[PDB]
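Quick look at a structure containing SY-1365 (bound form).
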Amino acid sequence: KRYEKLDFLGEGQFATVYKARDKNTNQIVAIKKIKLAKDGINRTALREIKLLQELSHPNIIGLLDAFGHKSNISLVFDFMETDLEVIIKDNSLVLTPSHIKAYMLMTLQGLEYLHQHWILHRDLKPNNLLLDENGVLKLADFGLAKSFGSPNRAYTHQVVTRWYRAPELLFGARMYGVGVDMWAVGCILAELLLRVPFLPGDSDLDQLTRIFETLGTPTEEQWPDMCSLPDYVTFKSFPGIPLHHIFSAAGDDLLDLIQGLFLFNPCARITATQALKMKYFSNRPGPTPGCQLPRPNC
Amino acid sequence: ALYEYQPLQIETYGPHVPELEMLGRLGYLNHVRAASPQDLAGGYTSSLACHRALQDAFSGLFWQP
Amino acid sequence: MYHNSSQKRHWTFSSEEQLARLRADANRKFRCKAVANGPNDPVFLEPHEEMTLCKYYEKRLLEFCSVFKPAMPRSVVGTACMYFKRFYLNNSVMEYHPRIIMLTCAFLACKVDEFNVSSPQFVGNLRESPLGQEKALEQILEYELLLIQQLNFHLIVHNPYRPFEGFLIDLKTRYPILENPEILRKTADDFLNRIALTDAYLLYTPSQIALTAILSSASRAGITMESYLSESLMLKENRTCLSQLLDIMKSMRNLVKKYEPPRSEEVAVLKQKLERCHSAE
Ligand SMILES: *[C@@H](CC(=O)Nc1ccc(C(=O)N[C@@]2(C)CCC[C@@H](Nc3ncc(Cl)c(-c4c[nH]c5ccccc45)n3)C2)nc1)CN(C)C
């Protein structure tokens, strides 16, 4: 078709992504070609197509095109210059409070829109937060996204890359709401603060260990029905490190934000709208205007 | 320089949809099945089903092409 | 959600006369192909004959979906039926045979509505030999990208069924005049099926359809629900809106009246005609 592959950008599990230029127009694009053999077109290329044609928001990635042959399909996006994980793991970059405000703002606005249109992203992590060269953060990788609010509809766990996975999804909850994106937002905040993965477990039970070590093991008071989740195994009453001991550079505004994001009760966990109306975002200093956000020159 | 909150203003083209937390007082939730504990524990309430159903009913109701 | 959807935006049309102009050009476009590929011969279907064929094969699409095992969401079926309708707005039944495309439509819809069934259990619902069942799979897989291309990759379909449950929540809550609005279900559900056989799904919004179904049921039940539309939907206040809604719900009742099913005799002869296009071309 009308594109010339310029550069290989990476592999997902389900696809391999390349920089192209579309000969018609000065969009440089990330074509995500899917990899394969009698099930038809990949259910993950469809999942991204079906969900992204409907949504439109500056903090969600814009699907430009799709194209293919037989069972093999390309999805085409605007090429984003960078991602949030690259920024986090760039030792020369300094993330001021305004910078952490400006990324967390854009994530929550993208995610407010997404939840409004009844979709959970379910794979939030810093590499799935792309940042363009005008400094707008867009959610990307819609390949595991699902609509919610349907009672008669079982969902799966094993959504989210373990480190950003919410404890109800580690307890293998079948039904879940927007809390699964809000936890991941907490885990991404914590990682912008610390510059390392907040909770890097390497089994699903080593993840519940590192959650409960750090944030305390939930009581029933903090999570009334935890107990009825299928995989609910009881833990040692880990103390929890107080959040100002973990993020000692934080102010009580930001510690209220962080705290709301890490509530064990997925019902009491602050929504993206609740989060945007917290004093943290309206307080001084103001979020860095996207133009001034730090650009990694390699 | 401060950010200021302002809600998403999205034209739904039909009646007013009652607020999610209003649904239990406005009495709507008597007319959906209760979420069971496992669903509640995962963050899934009957209000979410009810809210989406009501929004589906009122979306586009007074639109014409 | 419906109000900013691709369905609203590209796939809901201003009248039946717009639809006929699409289908007329879909048949015409083909004839230039088959005239270049081959002559204004009698082999070709007329647009009304294709409409009979699409009406016939849409009832076969519902058969396949009603007898399907595991089971099937109405969501999936409605999406399939919608893809079937939408396919045949800009494509001719003499280029893409509706028997194939109805199974490409059920197949794509099973995936898009995230309804889990694999290629063997899928074609295991075709009443054919394992030779025929696995021949069907080759044609389903060859056409699946073509289906998606002709849908413009608008794969989300807003069906009347969720709207319909919304109005039922509302009527039980805040129109206590109708002491049990549940009784309106079967009749409204029956009316929905009939509305589905017409072009209504390309013309009215999901909510307008669900509301027409419920009110058609109430009127058939000897119940007046003027105070529901005026008071509860707050068109006692906005007047021009109450008329426009009634003009929409009455234009829909006309469709379910001025619809005639496929005649078996016509269907027999039309299948004959169709297969002489498909042995060729
Ligand atoms: C000096 C040298 C240097 O370091 N240059 C670099 C390094 C990295 C990149 C780059 O292209 N980075 C990525 C790969 C980071 C992730 C996002 C990529 N852009 C993109 N845009 C749209 C989509 Cl849909 C995607 C995408 C979605 N999923 C994936 C998975 C894997 C890969 C891509 C994916 N990606 C950009 N550029 C330059 C630098 N000089 C001094 C500037």
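In this entry the chain letters A, B, ... are assigned according to the order of the sequence lines. Using the PDB entry numbers, chain A covers 10-45, 51-312, in order. Following the PDB entry, chain B shows residues 244-308, kept in their order. Numbers in chain C come straight from the PDB entry, and the residues shown are 1-38, 42-284, in order. Counting convention: from 1, in listed order, for ligands and their atoms alike. Just the heavy atoms: all of them, side chains too, but no hydrogens, waters or symmetry mates, feed the values below. Per the header: electron microscopy, 2.4 Å.
The chain forming the most contacts with SY-1365 (bound form) in this entry appears in UniProt as Cyclin-dependent kinase 7.
With heavy atoms closer than 4.0 Å, the chains neighbouring SY-1365 (bound form) read A. The single protein non-hydrogen atom nearest to atom 15 (C) of SY-1365 (bound form) is A:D97 OD1, 3.1 Å, given as residue, atom name and distance. SY-1365 (bound form) has no atom lying under 4.0 Å from any heavy atom of A:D16. Taking a 4.0 Å cut-off on heavy atoms, A:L144 registers as neighbouring SY-1365 (bound form). Polar contact with SY-1365 (bound form): absent for A:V26 (N/O pair, distance under 3.5 Å). The shortest heavy-atom distance from A:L18 to SY-1365 (bound form) is under 4.0 Å. Per UniProt, the active-site residue of chain A closest to SY-1365 (bound form) (non-hydrogen atoms, rounded to 1 Å) is A:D137, 9 Å. Residues of chain A near SY-1365 (bound form) cluster mainly in UniProt domain Protein kinase. At a heavy-atom distance under 4.0 Å, atoms from both the backbone and the side chain of A:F93 approach SY-1365 (bound form). The N/O atoms of A:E20, backbone and side chain alike, include none that comes under 3.5 Å of an N/O atom in SY-1365 (bound form). What the model shows is a covalent bond from SY-1365 (bound form) to A:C312 SG.
In chain A, SY-1365 (bound form) lies within 4.0 Å of these UniProt ATP-binding residues, judged by heavy atoms: A:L18, A:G19, A:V26. With a non-hydrogen cut-off of 4.0 Å, the residues around SY-1365 (bound form) amount to A:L18, A:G19, A:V26, A:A39, A:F91, A:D92, A:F93, A:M94, A:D97, A:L144, A:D155, A:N311, A:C312.
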Output, or 'none' if empty, a list of SY-1365 (bound form)-protein atom pairs in which both atoms are N or O and the distance is under 3.5 Å, rounded to 0.1 Å.
from: SY-1365 (bound form); atom 1: 19 (N); to: A:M94; atom 2: O; distance (Å): 2.9
from: SY-1365 (bound form); atom 1: 21 (N); to: A:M94; atom 2: N; distance (Å): 3.1
from: SY-1365 (bound form); atom 1: 28 (N); to: A:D155; atom 2: OD1; distance (Å): 3.0

